[PDB]
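Here the structure comes first, spelled out in C-alpha cells, and everything after it is commentary.
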Amino acid sequence: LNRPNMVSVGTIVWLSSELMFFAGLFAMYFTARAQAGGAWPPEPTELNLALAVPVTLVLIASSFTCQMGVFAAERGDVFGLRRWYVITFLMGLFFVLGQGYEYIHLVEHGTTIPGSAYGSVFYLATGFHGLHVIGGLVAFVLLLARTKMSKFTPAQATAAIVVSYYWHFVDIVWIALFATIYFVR
Amino acid sequence: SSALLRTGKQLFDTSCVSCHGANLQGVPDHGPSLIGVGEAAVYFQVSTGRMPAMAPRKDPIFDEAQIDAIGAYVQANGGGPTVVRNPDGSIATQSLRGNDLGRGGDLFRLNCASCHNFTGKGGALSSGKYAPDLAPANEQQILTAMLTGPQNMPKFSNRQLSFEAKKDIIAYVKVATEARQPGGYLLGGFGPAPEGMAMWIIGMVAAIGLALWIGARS
Amino acid sequence: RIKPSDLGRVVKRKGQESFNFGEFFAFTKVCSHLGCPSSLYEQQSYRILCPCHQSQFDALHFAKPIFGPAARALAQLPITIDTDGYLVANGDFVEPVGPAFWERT
Amino acid sequence: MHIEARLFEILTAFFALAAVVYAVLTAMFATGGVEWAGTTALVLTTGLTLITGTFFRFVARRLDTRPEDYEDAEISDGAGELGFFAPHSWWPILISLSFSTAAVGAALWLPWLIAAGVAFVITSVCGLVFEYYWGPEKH
Amino acid sequence: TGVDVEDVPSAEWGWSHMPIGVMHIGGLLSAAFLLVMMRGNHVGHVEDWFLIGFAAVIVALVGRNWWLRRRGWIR
Amino acid sequence: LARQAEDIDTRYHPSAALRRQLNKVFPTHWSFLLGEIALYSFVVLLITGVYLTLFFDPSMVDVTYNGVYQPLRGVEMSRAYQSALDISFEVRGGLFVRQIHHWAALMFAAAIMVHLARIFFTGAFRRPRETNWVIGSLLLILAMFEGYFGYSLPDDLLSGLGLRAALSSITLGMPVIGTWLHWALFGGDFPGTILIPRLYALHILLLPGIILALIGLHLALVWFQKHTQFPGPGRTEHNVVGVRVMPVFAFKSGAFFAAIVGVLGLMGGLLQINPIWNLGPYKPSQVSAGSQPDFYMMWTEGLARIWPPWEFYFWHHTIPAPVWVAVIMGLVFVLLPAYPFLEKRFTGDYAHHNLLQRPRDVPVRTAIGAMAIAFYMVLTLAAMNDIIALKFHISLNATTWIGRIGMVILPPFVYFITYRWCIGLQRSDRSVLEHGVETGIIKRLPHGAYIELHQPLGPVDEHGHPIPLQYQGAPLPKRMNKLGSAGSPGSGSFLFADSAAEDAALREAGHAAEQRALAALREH
Ligand SMILES: CC(C)=CCC/C(C)=C/CC/C(C)=C\CC/C(C)=C/CC/C(C)=C/CC/C(C)=C/CC/C(C)=C\CC/C(C)=C\CC/C(C)=C/CC1=C(C)C(=O)c2ccccc2C1=O
Ligand code: HEC
Ligand code: HEC
Ligand code: HEM
Ligand SMILES: CCc1nc2ccc(Cl)cn2c1C(=O)NCc1ccc(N2CCC(c3ccc(OC(F)(F)F)cc3)CC2)cc1
Ligand code: FES
C-alpha cells in the first residue's frame, strides 16, 4: 500500500517554499546593486577569495558523502549509514567554522551591518544560509540518535533519504549564492 | 562663518514648525515654547534621536554639522545653556571625564540611582514613563542630559551641581557601564529576580533530570 | 521649586497655608507607609513616587496620596530665609514623620 | 500519478513565459532598465513549480498503475493495510509555546529570552521526533 | 460524601465531591470583594469599570447555574 | 580485616542491628529523591558557612574603607560591609565560596517547595504521618526566616531597605504591643548598634541548631515508619517492594549527592549572585529602583504591594495597612500545618494508608492545590512590577491593577480547569482499559471500511474483542513502543558491527531475564 512515499512529497513541496524564501532575499540583494554606481563594493570592502573556494569544495564533498550514506541506507545496515553521516556532520561543521572565521576577519577592519548597504545585503544573504546549514546539522544529530534506539525499519530509511536531499538543496542554493556574490559582483 | 544660521532656519522650517511654530512659539496643541532653551537642549534632544517626534530614543536624522545649525539657530532666540567645546571647536568627550570615582559614585547614589539603578540600568516610573539605560550614552550626552533636565527628569543647574561634580558623575557612569563582572555572568544587573529564575530553570531542572535518570519510575 | 507658570493649582492644606516661601515647599522624604525614601520626583506631573511599593503623592495637593497602599499625606516643613539670604527652617513639623503606630501618626 | 505532473508542467510553462516577457519588456520601455525585483520572484516561482513537477514526473515514470489513478476499479482493490497515523499527542502545543517565546523575545530585543526560546524549541522538537521510538525503561 | 461513578470514574479512590453551596457563596463573596475595592486613591475611573465588568460576569454565571439547578436542567 | 572486625565484634557484638539495617528495603521512584536534594543542599550550606565564619566581623561601627576596591576608597561604611568586601576581594577563593553559599540557599528553598508539592499531591500525609507533615511545615518556616536573616547580614543598601521596611515598620504597626516588640528587638529606634550582632548570633547558632534537630527527628520518623509506595503489580498495604540498602541504595544516594554538589559548584562559579560592591553601604537617605527580596519572600512583598489602603482611625489611635499583611501571613502559616486534620474532618476518613494516590484520582484536592499554586504565582509576579513594566512595555498602574484583580479571578478559573482536566484523564484511562492500546495502523477491509487495529492487554473473547479489565490504581501504557514492540537495534559500538553470535546470545539472554523478572514479581 501507498506506492509513492508520503514523507518524500511533503519534503519536496516544503523545499519549494524555502526556495521562494531565498528568492525574496535575492530580490533584496539585486536592488541596491543597480543604485551603487562604480566600485559598488565600497573601498573598505574586498572579498578574500583565498578562503571561499576551500569551503565550497568542502560543502560539495559533503553532498557526495551524504549520497553515499543514502546508498548504504537503502540496504538495511545501520553502521555504514552512521559512518557516512558522521563524516557529513564533520564537514558541515568545518564549513560553518570557516564562514564564521571569515565574518570575524571581515568585520575586523571595515564592513558592518549598520555601516553600509553592501554589508547589510551581504550579511543578510549569507547569515540565513548559515542558519539553514545549522538546522541541517541538528537534523543529522537527531537522525543518528533515533537510529541508535531501535531496530532498522523502512521508516528510518525514509527519514535518512529526506534529510539527505534537504542537505542537497542547501548546498545547491549555496552554489547559487557563491557564484552570484564572489564572481559576478 | 558663524554669521550663517540661514541653514538651521532652513531645516527647522521643514521639520519642526508643525509642532513648535514658525517663531519657536509653542503650538498650543503639541509642543513647548523652545525660547528659553539653548544649544544644549537641542543637542541632547536631536543627537540621541528623541527629536523630530511622531518619546523614545530612536535613530538620529541630522548630522554633517546641522545639529550645530539648529543649535545655533535656537540659541540665537534665547539664552539657554550651551554645549561644552574643546580647544578645536568640536564637542568635548575626553575632557568631561573626572578623576575621582568615589565622590562621583556617592553623588550618583544620592541623586541619580533612585530612578535609574545602582549601576545605571533602567527603572520604571508611573503610568507609562520609565527611566532608560545609561549604557549607550556618551559623555557630552550625559552632561547635557543632567544640565537640561529632559521630560520628567529633574534639572540640575551648574549652581547646585558644579562642573567638577558633573565630570565626576560622568566618569562614574562611564566606568560602571564598562567594567567586567568578576564573579561570572551577571544576570542583567538587577537583584534577586533573575537569580531566582536562573535557579528554577537551570539548577532545579538539572537536579530533577538526574533524579529521573538515577531513580526508576513506576 | 514649582514653576511660576502653575502656582495656581496649589491647594494648601488647612493648617499649613504659610509653610512655603514663594515657590519652595520642602516636604519630608520618609514615605508615610513603611518608611522608604520617596525620592522619585517627576517634574511636570508633580508626582512623588516611592520605589519600595510604588505609592504616588501629589506635590501640588499638599502631598496627598493618589495611588497604592499609602493612606496619609507627607508632612510639610516650614521654611524662610534669614537676614543673610540662606534658607532656614521656620519651626518644626506639625505632626510625627514616618510610619504610623498605635498611639498616633 | 499522471495528472498532477501535467498540472505542474502547465503552471511552470506559463510562469517561465511570463518571467521572460516581463524581463525583456522592462529591459526597454522602462525608466531605469530591468526592474530586478519582480524578475527574480518570477524566475524562482518558475523554479518552484519546475522542481515539484519534475519530482512528480519521475515518480510517475517509475510506478505501475494505482487504484486511485485507475478508473474501472472496485473497492476490493484497495483492501489492505495503510500506514501509521499518529493518535493523541501533546507535543505540538509545547512546540508552539516555545516558538512564541522566541518570537516575543525577538520582538522586544531581549537576548536571554531568545536563547531560552531556542533551547526550548530544540527540546520540544526532540521530544516530538523521538515520541514513538523510545524503548521500555531499563531499570 | 458521594458521587455516582458514571460522572467521576475514580469516585471510590479519593475525594471527588465539593458541595455547590460553597461555590455559589464563594462567587458572591468574590464579587462583593471586587466591588468594595472602589475605596481608595484611584483618581481616574478606567479601573472602576473593569471592577464593575468582572463583578457582573461572576454574578451572571452564579445566577445562571442556580436557576438551571433549581429547574432540574442540571443534576 | 578479620582481626579488627572480630575484636570489634567481641567488644560491641552489633552483628544483628547491622544485619537489620543492611536488609532494609527502599522503594525506587524518581519522585522519592526530592528530599535528598534538600538534605544535600543543607549539608553544603553548613560546610560553606563554617568556612565563612572565619572572616566575618559583625559590627555596626563606622570606618573608612581604605582597601583595594578603588571606586569605594574614602567612603564611610560599617565594619560588616567592609568585612564582606574583604572576603570578596582579598581572600583567595572567598567570592567563590560566598556565591556557592547563596546558590545553595536558593536550591534549599526550591527543593523544599517541590518536596512539599509532591507530599501534598500524592496524599502521603494521611493517618500515620500527620505529625511528620507538621514537622515539615515548621522546617519550611524556619528555612524562610533563616535565609532572610542570612542575606541581611552584610548591610548594604538593598539589605538595609529590606530590613527597614519589612522588619522595622511592620513590627512597629501591630495594634497594641507594636512599639514594645520593636524596642525589644532593635534595642531602640531602627538604626541601632545591636541589630547586626544579634542577627549574626541568630543566624549561625540558633536557627541552624533548631533546623538540625528537626531534620534529625524528620529522618528518624521516616526511617521507623517505613516509606509509602505507589500501587502496582506486587504492591500491597503490608509490604515494601524495592531494593535493599546493602549494595544499591547507598550507592545511588552517594552518586546523587556528588552530582548535586557538582551542579552547585558549576553554577556558583559561572553565574553571579549578590554583587554587594555595585551597591553601597546602607544610608537612610538614598535608595534604588529594584528593591526585591529573594524569591521565597517575594510573595510577602507582592501581598504588601497589591493590598488596598484600608486603615481605621478611632479615638486617639490608628490601625495602619500592613496589619493586614501581618494577619494574612499568619493565617497562611497557620493553615499550612493544620491541613490533614481539616481534610479528615471534612471527608470523614480515618483509616491507615500505605499506598499513594495518583493526583488524577483525587480531583478536588488536586484542584485545591492548583488554586493555591496559582495564587502563589500571582503574588510572586506582583513583586517584580518594575522589572516587568520596564522590560515588557506595560504601564505600572496597569500591572498593579492586573495583580489586584488576578488575585481574585485566577484561582477559581484554575480550580475549574484542573477539576475538568483530572476527570478527562480518568476517562482516557478507562477507554484504554475497555479497548486495547491504539497502534495507529489503518486497514481498509475490502468493503471499504477503516479500522485501527487495537492491541489487547489481557484475554480475548470468542470473536476477537478483548474482555474489559478493572482499574487497579496503576498507570497504563499508551504508546506501542513502550511495550516491547519495535526494539533490538544492532549490537555494534557506534560504527562497527559485532559478530552475529554475540548479538543473538545477548539479545536472547536479555529477553529471558526480562521475562523472568516479570514472572517472578507477578507470582508473589
Ligand atoms: C501545594 C500547596 C501549596 C499546598 C496547599 C496547602 C494549604 C492550602 C496551604 C494554604 C496556602 C495558601 C492559602 C496560600 C499559598 C501561598 C503561600 C502558602 C506561599 C508559601 C510558600 C509555599 C507554600 C510554596 C507553595 C508550593 C510551591 C509554589 C510549588 C511550586 C513548584 C512545583 C509545583 C513545580 C516546579 C517545577 C519546576 C522544575 C519548573 C518550573 C519552572 C519555573 C517557571 C517555575 C515558576 C517560578 C516559580 C515557582 C518561582 O517561585 C519563581 C520565583 C522567582 C522568579 C521566577 C519564578 C518562577 O518562574
Ligand atoms: C509635534 C512633533 C514634534 C516635532 C516634529 C519636533 N518636536 Fe521637539 N518636542 C515635541 C514635544 C511634544 C516636546 C516636549 C518634550 C517631551 O515631552 O518629551 C518637544 C521638546 C523639544 C525640545 C526640548 C524642550 C525643553 O523644554 O527641553 C527641544 C529642544 C525640541 N523639542 C526641539 C526640536 C527639534 C530640534 C526638532 C527637529 C527640527 C523638533 N523639536 C521637532 C514635539 C515635536
Ligand atoms: C526618575 C527621575 C530621574 C532622575 C532623578 C534622574 N533621571 Fe535621568 N532620566 C530620567 C528620565 C524619565 C529620562 C528620559 C528622558 C527622555 O527620554 O527624554 C532620563 C534620561 C537620562 C539620560 C539619557 C539616557 C540615554 O540613553 O539617552 C541620561 C544620560 C540621564 N538621564 C542621566 C541621569 C543622571 C546622571 C542623573 C543623576 C544626576 C539622573 N539621570 C537622574 C529620569 C531621571
Ligand atoms: C541553614 C540554612 C542557611 C541559609 C538559608 C543561609 C543563607 C545565607 C545567605 C543567603 C547569606 C548571604 C550570603 C551573601 O549574600 O554573601 C548568608 C550569609 C552568611 N552565612 Fe548563611 N545560611 C545558612 C546556614 C549557615 C550556617 C550553618 C553558617 C555557619 C555555620 C552560615 C554562615 C554564614 C555567614 C558567616 C554569613 C555572612 C558572610 C557573608 O555574608 O559573606 N550560614 N547565609
Ligand atoms: C513589606 C515586605 C517587604 N517590602 C520590601 C521592600 C524592599 C525589600 Cl529589599 C524588601 N521588602 C520586604 C521584605 O523583606 N519581606 C520579607 C518579610 C516580610 C515580613 C516579615 N515579617 C517580620 C515580623 C513581623 C511580626 C513579628 C512579630 C509579631 O508578633 C506576633 F504577632 F506575636 F507574631 C508580628 C509580626 C511580621 C512580618 C519578614 C520578612
Ligand atoms: S515604603 Fe514608600 S510605598 Fe511602602
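Chain A is the first sequence line, chain B the second, and so forth, proteins listed ahead of strands; every chain is numbered from 1. The displayed model is a subset of the deposited entry, and contacts were enumerated within the subset. Note that these values count all heavy atoms, side chains included, but never hydrogens, waters or copies made by symmetry. For ligands, and for the atoms within them, numbers begin at 1 and follow the listed sequence.
- This structure shows the largest set of contacts to ligand 5 coming from the chain UniProt labels Cytochrome bc1 complex cytochrome b subunit.
- The drug located at ligand 5 is named telacebec.
- Other chains, heavy atom under 4.0 Å from telacebec: C, F.
- Less than 4.0 angstrom separates atom 33 (F) of telacebec from none of the non-hydrogen atoms of the protein.
- Interface atoms of telacebec facing F:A304, defined by a heavy-atom separation under 4.0 Å, are 1 (C).
- Taking every heavy atom of F:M297 and a limit of under 4.0 angstrom, the matching atoms of telacebec come to 16 (C), 17 (C), 39 (C).
- The deposited model's entry lists chain C under the name Cytochrome bc1 complex Rieske iron-sulfur subunit.
- Shown here, atom 22 (C) of telacebec is in close reach of the protein: a heavy atom of it lies under 4.0 Å off.
- Less than 4.0 angstrom separates some heavy atom of F:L181 from each of these atoms of telacebec: 29 (O).
- In summary, the atoms of telacebec found under 4.0 Å from a heavy atom of F:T171, numbered by their order in the structure, are 25 (C), 26 (C).
- Shown in contact with F:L167 at under 4.0 Å from a heavy atom are these atoms of telacebec, numbered in order with element: 22 (C).
- Inside a 4.0 Å radius of atom 29 (O) of telacebec there is at least one protein heavy atom.
- Residue F:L158 approaches telacebec through these ligand atoms, each under 4.0 Å from one of its heavy atoms: 9 (Cl).
- UniProt transmembrane segments of chain F (numbered N-terminal first) having any heavy atom under 4.0 Å from telacebec: 3, 4, 7.
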